[PDB]
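In this chain, numbering begins with 1 at the start of the sequence shown. As the structure lists them, so they are numbered: ligands from 1, and atoms in each ligand from 1. Header says: X-ray crystallography, 2.5 Å.
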Amino acid sequence: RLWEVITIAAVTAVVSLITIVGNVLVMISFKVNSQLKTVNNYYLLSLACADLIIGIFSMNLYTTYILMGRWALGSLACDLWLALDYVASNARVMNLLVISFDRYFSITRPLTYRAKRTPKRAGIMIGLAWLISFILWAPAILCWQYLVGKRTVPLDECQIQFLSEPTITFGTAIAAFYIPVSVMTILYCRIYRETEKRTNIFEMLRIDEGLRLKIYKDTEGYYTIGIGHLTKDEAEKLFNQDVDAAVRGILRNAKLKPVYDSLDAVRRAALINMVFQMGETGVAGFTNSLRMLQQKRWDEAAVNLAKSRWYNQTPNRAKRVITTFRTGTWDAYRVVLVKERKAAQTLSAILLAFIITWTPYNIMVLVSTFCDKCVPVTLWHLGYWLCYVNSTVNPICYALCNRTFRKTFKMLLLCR
Ligand SMILES: C[N+]1(C)[C@@H]2C[C@@H](OC(=O)C(O)(c3cccs3)c3cccs3)C[C@H]1[C@@H]1O[C@@H]12
Ligand SMILES: CCCCCCCC/C=C/CCCCCCCC(=O)OC[C@H](O)CO
Ligand SMILES: CCCCCCCC/C=C\CCCCCCCC(=O)O
């Protein structure tokens, strides 16, 4: 048993040190590389805070508890450790949920969500995650004994009072793990479905006009759906019909036909994008720019289009379309596509780490719901510690799927 105690203590000390060093590296990287100070990474910083809490306090307190075979720190210390544990881990779950929704709405809502993403909005979401986790788990763990009247926790053990019943534990697993995991998986499936296709007209108009599966009200209040069209998943045929109608309307327009016949395929795609945004009449209003584009004067037409209401209403979309006219390449949209693909890979890595490390404990909860104390305490301990290991593996996720994080980590480690 002594050999076992030494081995467990050594392994868990090593794992705790790796967790601490990794999340401190994440924080130092966020601090000393301005290229990492993006809206996406503030959520990752929140995750690193939860993981550092897990690595310093949770791992060491839990391992001392299991090695001593009892709790020898007092009931208040047990309740404080359990509260810290459950609040920080629920905060991690909420942070993963808000990361999922942030990425999803960035992909699907460019005007209503993506153009409005500031670090303060992200900080609101982060603080709400932490505050809701706190007000849900700390009062329960600390005052359920006062709610029932008596404290039915054994003096030598450290467990939460109400989570002994299998039905309450099952409800907690459903509302706290299974429903969040289902939501994150559905959101990631949608994000991934929008990251398989190469750079084309569909992806261009999706970047400019996000894809919505449900009928919504546009900026003017009209019932639009899909890619700016006025409830399904295969809107590709609808998109083809709309771009077919757009080409047919451009070819039947006096000001748009010669320029459309003279432009490259990429520039015809830019013209179709402008027709999608404004219409045939709106694009026909740019007679000067159309004559500049028909005469292959790309720089002149670009600087002429940068002086319109279209450039001031939507700066990013107009800049991309103007760059497409000016260069005749997809690079302005290629850049957004590779950025979104990188974000998606990072999201998938952190989601898989979470799901893999936390799945055994919650499967044990399910089995214990459908049996009578059949899951041994050894397995409970292993599943608990495995959920801790999420906090250890998350910085390795950042290092394996973000080249900026990887470069900053190598700079810090080698002390460059
Ligand atoms: C190792 N933990 C620190 C403890 C045990 C695990 O708990 C979980 O996986 C559970 O689904 C459940 C525990 C009991 C019933 S359902 C969650 C609890 C809070 C959010 S999700 C993971 C985390 C969480 O802080 C608890
Ligand atoms: C334990 C229960 C705690 C209950 C909740 C109390 C704490 C809430 C704090 C939220 C800070 C999040 C806001 C900061 C996140 C990003 C916003 C921002 O702009 O931060 C810029 C700066 O660079 C970043 O250090
Ligand atoms: C998505 C995460 C879901 C989190 C689920 C939280 C589980 C809540 C379980 C029990 C809380 C019961 C109400 C506690 C009241 C606090 C004061 C008291 O204990 O009397």
Checklist entry - Of tiotropium, ticarcillin, silmitasertib, which one is modeled at ligand 1? => result tiotropium
Item to check | Partner of tiotropium with greatest heavy-atom contacts, name from UniProt | outcome: Muscarinic acetylcholine receptor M5
Item to check | Element-labelled atoms of tiotropium that are located less than 4.0 Å from some non-hydrogen atom of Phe177 | outcome: 11 (O)
Next on the checklist: Could you tell me which of the UniProt transmembrane segments of chain A (from the N terminus) have a heavy atom under 4.0 Å from tiotropium?
Outcome noted: 3, 4, 5, 6, 7
Next on the checklist: Show me which atoms of tiotropium lie under 4.0 Å from any heavy atom of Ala173.
Outcome noted: 16 (S)
Item to check | Test of proximity, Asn362 against tiotropium: N or O pairs below 3.5 Å | outcome: yes
Checklist entry - With a cut-off of 4.0 Å, which atoms of tiotropium are near a heavy atom of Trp137? => result 19 (C)
Next on the checklist: Is there a covalent bond from tiotropium in this model? If yes, I'd love the residue and atom.
Outcome noted: none
Checklist entry - Given that the side chain starts at C-beta and the backbone is N, CA, C, O, which of these parts of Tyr384 lies under 4.0 Å from tiotropium, counting heavy atoms, or is it both or neither? => result both
Checklist entry - What lies under 4.0 Å from tiotropium, among the other ligands and ions? => result none
Item to check | Proximal atoms of tiotropium relative to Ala176 (non-hydrogen, under 4.0 Å) | outcome: 21 (S)
Next on the checklist: Out of all atoms in tiotropium, which are within 4.0 Å of some heavy atom of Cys387? Include the element for each.
Outcome noted: 1 (C), 22 (C)
Checklist entry - Hey, does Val93 sit under 4.0 Å from tiotropium if you only count heavy atoms? => result no
Next on the checklist: Need the tiotropium atom indices (1-based, order shown) with element for anything under 4.0 Å from a heavy-atom of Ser89.
Outcome noted: 3 (C), 23 (C), 24 (C), 25 (O)
Item to check | Heavy-atom shell of 4.0 Å around tiotropium | outcome: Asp85, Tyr86, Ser89, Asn90, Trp137, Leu163, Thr169, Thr172, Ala173, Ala176, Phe177, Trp358, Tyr361, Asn362, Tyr384, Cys387, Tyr388
Check tiotropium against the protein and report each N/O to N/O distance under 3.5 Å, formatted as atom name, atom name, distance.
residue	atom	partner	partner atom	Å
tiotropium	9 (O)	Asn362	OD1	3.3
tiotropium	9 (O)	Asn362	ND2	2.9
tiotropium	11 (O)	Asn362	OD1	2.7

